[PDB]
*Asks:* 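I have a PDB entry of tigecycline bound to 16s rRNA; a few questions follow.
The sequence lines fix the lettering, A, B, ..., with proteins before strands; numbering per chain opens at 1. What you see here is only part of the deposit, and the contact count is restricted to that part. In each ligand, atom 1 is the first atom listed, and ligand 1 is the first ligand listed. What's counted below: heavy atoms across the whole structure, side chains too, no hydrogens, waters or symmetry copies.
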Amino acid sequence: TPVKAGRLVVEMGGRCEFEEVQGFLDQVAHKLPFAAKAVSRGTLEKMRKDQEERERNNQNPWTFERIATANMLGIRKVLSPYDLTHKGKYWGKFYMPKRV
Amino acid sequence: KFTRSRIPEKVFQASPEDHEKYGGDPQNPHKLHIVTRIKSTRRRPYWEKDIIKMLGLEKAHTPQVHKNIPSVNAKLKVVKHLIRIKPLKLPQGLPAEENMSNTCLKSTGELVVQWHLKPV
Amino acid sequence: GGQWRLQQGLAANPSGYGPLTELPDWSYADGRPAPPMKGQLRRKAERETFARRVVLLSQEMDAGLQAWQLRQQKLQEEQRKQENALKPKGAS
Amino acid sequence: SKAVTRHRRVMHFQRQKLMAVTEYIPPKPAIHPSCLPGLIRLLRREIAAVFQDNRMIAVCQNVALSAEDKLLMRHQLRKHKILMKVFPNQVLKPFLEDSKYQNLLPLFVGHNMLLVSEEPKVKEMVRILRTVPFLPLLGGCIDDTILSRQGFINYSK
Amino acid sequence: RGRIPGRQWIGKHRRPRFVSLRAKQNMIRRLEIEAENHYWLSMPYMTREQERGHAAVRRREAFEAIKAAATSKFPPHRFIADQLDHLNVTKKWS
RNA sequence: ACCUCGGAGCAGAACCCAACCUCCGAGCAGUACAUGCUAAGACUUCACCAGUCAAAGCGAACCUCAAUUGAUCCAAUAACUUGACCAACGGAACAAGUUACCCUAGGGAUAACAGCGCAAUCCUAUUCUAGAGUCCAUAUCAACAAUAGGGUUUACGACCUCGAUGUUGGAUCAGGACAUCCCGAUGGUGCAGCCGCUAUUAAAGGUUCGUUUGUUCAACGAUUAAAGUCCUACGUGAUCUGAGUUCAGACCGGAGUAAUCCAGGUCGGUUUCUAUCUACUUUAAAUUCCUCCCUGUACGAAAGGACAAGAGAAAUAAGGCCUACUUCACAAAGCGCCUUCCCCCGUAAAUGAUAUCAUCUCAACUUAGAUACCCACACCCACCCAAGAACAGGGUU
RNA sequence: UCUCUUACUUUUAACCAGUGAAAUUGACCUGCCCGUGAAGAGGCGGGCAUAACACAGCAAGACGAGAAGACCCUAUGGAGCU
RNA sequence: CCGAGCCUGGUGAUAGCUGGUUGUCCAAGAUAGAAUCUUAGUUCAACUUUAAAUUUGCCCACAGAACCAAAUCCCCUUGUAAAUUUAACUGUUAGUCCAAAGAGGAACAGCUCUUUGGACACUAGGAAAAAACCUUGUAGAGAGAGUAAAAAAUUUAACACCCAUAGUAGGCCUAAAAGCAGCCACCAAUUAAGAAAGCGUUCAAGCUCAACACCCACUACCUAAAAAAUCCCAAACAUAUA
RNA sequence: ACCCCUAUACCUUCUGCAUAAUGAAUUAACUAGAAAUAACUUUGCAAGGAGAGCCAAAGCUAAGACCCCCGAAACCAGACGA
Ligand SMILES: C[NH+](C)c1cc(NC(=O)CNC(C)(C)C)c(O)c2c1C[C@H]1C[C@H]3[C@H]([NH+](C)C)C(O)=C(C(N)=O)C(=O)[C@@]3(O)C(O)=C1C2=O
Ligand SMILES: [Mg+2]
Ligand SMILES: [Mg+2]
Ligand SMILES: [Mg+2]
Ligand SMILES: [Mg+2]
Ligand SMILES: [Mg+2]
Ligand SMILES: [Mg+2]
Ligand SMILES: [Mg+2]
Ligand SMILES: [Mg+2]
Ligand SMILES: [Mg+2]
Ligand SMILES: [Mg+2]
Ligand SMILES: [Mg+2]
Ligand SMILES: [Mg+2]
Ligand SMILES: [Mg+2]
Ligand SMILES: [Mg+2]
Ligand SMILES: [Mg+2]
Ligand SMILES: [Mg+2]
Ligand SMILES: [Mg+2]
Ligand SMILES: [Mg+2]
Ligand SMILES: [Mg+2]
Ligand SMILES: [Mg+2]
Ligand SMILES: [Mg+2]
Ligand SMILES: [Mg+2]
Ligand SMILES: [Mg+2]
Ligand SMILES: [Mg+2]
Ligand SMILES: [Mg+2]
Ligand SMILES: [Mg+2]
Ligand SMILES: [Mg+2]
Ligand SMILES: [Mg+2]
Ligand SMILES: [Mg+2]
Ligand SMILES: [Mg+2]
Ligand SMILES: [Mg+2]
Ligand SMILES: [Mg+2]
Ligand SMILES: [Mg+2]
Ligand SMILES: [Mg+2]
Ligand SMILES: [Mg+2]
Ligand SMILES: [Mg+2]
Ligand SMILES: [Mg+2]
Ligand SMILES: [Mg+2]
């Protein structure tokens, strides 16, 4: 089965809180063939607002998406046509959450 | 595959902050471009080499005048990573016939019509 | 110090359009000026061609602008010529 | 190599320079903001009670007093009609400074407890306190005047 | 002791190269020059409809000059003076 | 296995676009009998050949399908026309095997050995904690799975070499790694002791002789402290061997009409080189076993049974010498004799802050924790020598 | 034969004298380690070493010399046999 | 040198195969493909060269190219100066890496196959040496100058203290299963303790946590390896104004 | 003069050779591009040209200028050899 980055692999619910599932969910997600994480609704929302806040307060005048879309320095000779939509956060099957 | 790049018009819309960053009034736009090739056409596609040859920028660091019209602008938009573009400023107006042989271009991009080689 | 020379406006290479590179090398001891140097004659010819190009492009674009102006002038005269040759009758 | 690999592929050096230039730069605060500058009400009800009635107050230090010994002490002290109150200091001190027993204020340090009644009977307080020798009779008040343990003994005899 | 398999800069296993401060600064300088280019191309003088035919006469005459040269390509003249000049190679004193 | 033609993907949107790439088909059928003639303009399978559409006009009337196919010569025919699974499908008019008895021209454009790339396979370490271990995940073993590493196997690729890079095992000499087989130090134990199991550190020193087999291996016999794992062009053939393997002879079984063949067995079968260059050709600290006592002590219910300290006796390795023995004899040798000296780091503890306890401390801190050899120097013609290829050296009173 | 090799003689050998070849040879003022590279460096990179020159010995390297590979493939190249 | 002697002749046999191919100087010049007893070759195209004739050639504005992504086709301006046709021929048609879209294989290979685009087979500087990565091209002399690309940064794990009676060996099941084998409920006294969250017991018994009090305050950086074979490999340096 | 700095012999072959791929000790001498059909250039004459024959809707006549060396195993004929 193909799995792309940002896709929930398994979902759980019930009369419980995070840490209870988080134990064995981190245990499973460590054993997955890719990088994975145990997330909640709250933690998933928190990381998404964190990524948007980092993109908003980034003090670098130059960004990957600006350079790629404007074809700055002729960088599309070494980029890929998929980088126009990945915006540098993806490299092959790898997702880099530190990239803005 | 690697092909020609269509640059967005959102890239080529200027902003007021850009205007005071590089002072140029949106109304009364500058009339002529001073274009200077600052990079090699080697290790670049043949269409960029052809547009460099069309614009007359075969020799590096040699300024050339071009019109500020949309077609020439489209060519410069294609080849914009190998050149530097400045506005041609005319402090003492256009050169006349009597002032044709005493001109200079200068680094600031101002075509002076009197060149005296004397201190002020 | 090319960046400093650019900030002062004196090119970047000191061997460009300055007094140091554009004044005559020598003159006769009695005071007669030397014949002009080959590089200076060449440079003056290129600057002359550059200035003629500047004048030609500026006047060509100006003439294009006024040609468009007179064209549009003939356009709105022909839409303003809208007098009915005949006075309407019938149900009026 | 394919565009997707099981390992991290080596980028073109211009793309690597692109990533290094387009790294994320956080905002830097100028002068470092770190360097920049319930139970209380209910407990107020029962302490207001036990100081409006119950005019024999005795303060003792809450010695360990293992559970059988503690409860059996509770039972002879109740057989002789006194109560053993345990009220925490964090709500009992402010009541003292705004309720005038500020001279009994500097005495409620450490573990503390209150031997409290409406009847004078300091005689078995002192005999039970002498049966258990490691039990101090820290202090207290009889008839709204402050009395030390020497107070408590001459009011006894 | 430390060798990269195969060739250094091609293949699955390459010698790593790292970005230096001056390489980053050089690239940022070029980025600034192109942002300058973006601004000056963002401000145009005329429009396409105003531009439509302003240099057609000059371009046409330039092409007529090219055609005139390419048509005037033709052999050169020949001279009695040149032939009888070649007679001078036996010009003696006496 | 395929060879010609067509449709779909790869090849998303003008065209084109490969693979012994992924799928589906074709080598016709049905109608008509103007399925006649002629003729602008075009398309085109990347060339040519071949193929495709068609206005108008004359004459009539009032083709479907996707491929559904074959050039020239020549043959048949009065003519019009008609001829190949020429399917190796741009087609030679008509021709198979075998060669180790082989030859030639070339090819590292291309295989075998070796190197290299890669790591599927192989090997190791960690992470997780199911499970096994009476209970107990973590004394020990370990499923599913994840991460990282090695380059010893079998491949895969075809990059150097085919105007030669000689090959398996064996001898001889070994250099190196440590992922340690023994000896050393240490932690844990389901460690009472003896034995073990597991882990950390340690590469100075060591790691046997035989029967069968060409064998690497493997099995067995007898030991030992141990009989390590690898790499070195599967180290090492201008140092050796040639049992094997893949030249010419022959036999057996099988295959083939036969020649001949077998990734089957068997018997036999030439291993050249006078060293030009590089490199090198005398660098004194040795380990291990056993015996005695400690001691039948510690320990243990008993059976069993130590570690330290110390004494002795050997064995090998290195260096040397002939008194005797022995080969032998103005001498050279071993089978004989003599000598052989330092540590080594894993961790275990004390004081004591960050964190007024504690804490062995990437806190400050405390403890366990070499000498020897050589050393002077135009007597030199010549002679002698325990010195020596020449040279050099020692003696000549 | 070997454990396990030792001693002597002859030849060879080395020195003096006489005579005097061959294969080989791009040029050489011809080092070591690691890395690199047509993927195994005396000659390239980083380090280390380094007065010159004979004589004897060795065979680890010069992918050492010899024979336009004896295996494999190719050729609209041959030949023998059935 | 007998799988068919040797000599002479045919004979200068033939060789899509190897080797070689001799003055000087300048210029233009790099690889779509189809057939083929063909894939070590050749012919046609494609590219390339020369000489002519003529007029448009590249870049491209809007509109436009089908139902079941990057882009391309077409194309007036504009920027430029090339293009087509005519004549005459050679040679190249055994291809390498890098970026991108894919296919095969192991989402192996310095692997193989197409497509778009670079560079290499041509110069120079840089990434250590260096084909293919980066910078840069049109030629000479100079004991002048401004620059391009261009030098890797990182160092990680301290965590509380004190306390604990009891309705009850809650009920059912079981020999007993007592908070802790499995089920139903989960109330309730003390100031404050789950009909018990881990251990531990055949079951019991025991010891930790959550709870009172106590108090300064939970102090809380949320992170993580190592191996091979001749000999580690520039020397080094935290602090003088970009 | 060396010492300092720069610098990977040549030819062929190749995708690419310092290559540890080929050839070469060195000297002297010898040793390898032959031509038609057309085209192009330059003359002569010109609806004709060429010293019969041939070509001709500007052609014809003349000249110039363009196509290597070495090498097999083999096949056949006639001799000479026990
Ligand atoms: C060395 N021997 C075992 C041998 C081996 C092979 N085969 C190999 O190359 C096999 N080597 C491998 C194992 C594949 C690496 C061989 O191929 C040969 C030979 C021998 C030669 C003998 C030749 C001989 N001459 C040249 C010395 C000769 O005169 C005769 C003769 N009888 O007249 C030959 O037969 C001889 O030419 C020959 O045939 C040999 C080989 O072919
Ligand atoms: Mg390498
Ligand atoms: Mg066509
Ligand atoms: Mg019709
Ligand atoms: Mg065929
Ligand atoms: Mg065919
Ligand atoms: Mg045989
Ligand atoms: Mg041969
Ligand atoms: Mg191999
Ligand atoms: Mg279990
Ligand atoms: Mg290949
Ligand atoms: Mg070979
Ligand atoms: Mg050779
Ligand atoms: Mg050889
Ligand atoms: Mg170890
Ligand atoms: Mg070997
Ligand atoms: Mg050898
Ligand atoms: Mg043979
Ligand atoms: Mg025999
Ligand atoms: Mg030999
Ligand atoms: Mg040498
Ligand atoms: Mg002699
Ligand atoms: Mg090397
Ligand atoms: Mg020697
Ligand atoms: Mg050969
Ligand atoms: Mg062929
Ligand atoms: Mg020939
Ligand atoms: Mg040229
Ligand atoms: Mg063919
Ligand atoms: Mg061929
Ligand atoms: Mg390749
Ligand atoms: Mg090759
Ligand atoms: Mg090279
Ligand atoms: Mg060499
Ligand atoms: Mg060779
Ligand atoms: Mg060579
Ligand atoms: Mg060769
Ligand atoms: Mg023949
Ligand atoms: Mg006879």
*Asks:* Got a sec? Need all the ligands or chains for tigecycline.
*Replies:* ligand 1
*Asks:* At a 4.0 Å heavy-atom threshold, what other chains are in contact with tigecycline (ligand 1)?
*Replies:* F, G
*Asks:* Are any other ligands or ions in the structure closer to tigecycline (ligand 1) than 4.0 Å?
*Replies:* ligand 18 (magnesium ion)
*Asks:* Which residues count as the binding site of tigecycline (ligand 1) under a heavy-atom cut-off of 4.0 Å?
*Replies:* F:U167, F:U246, F:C247, F:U270, G:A70
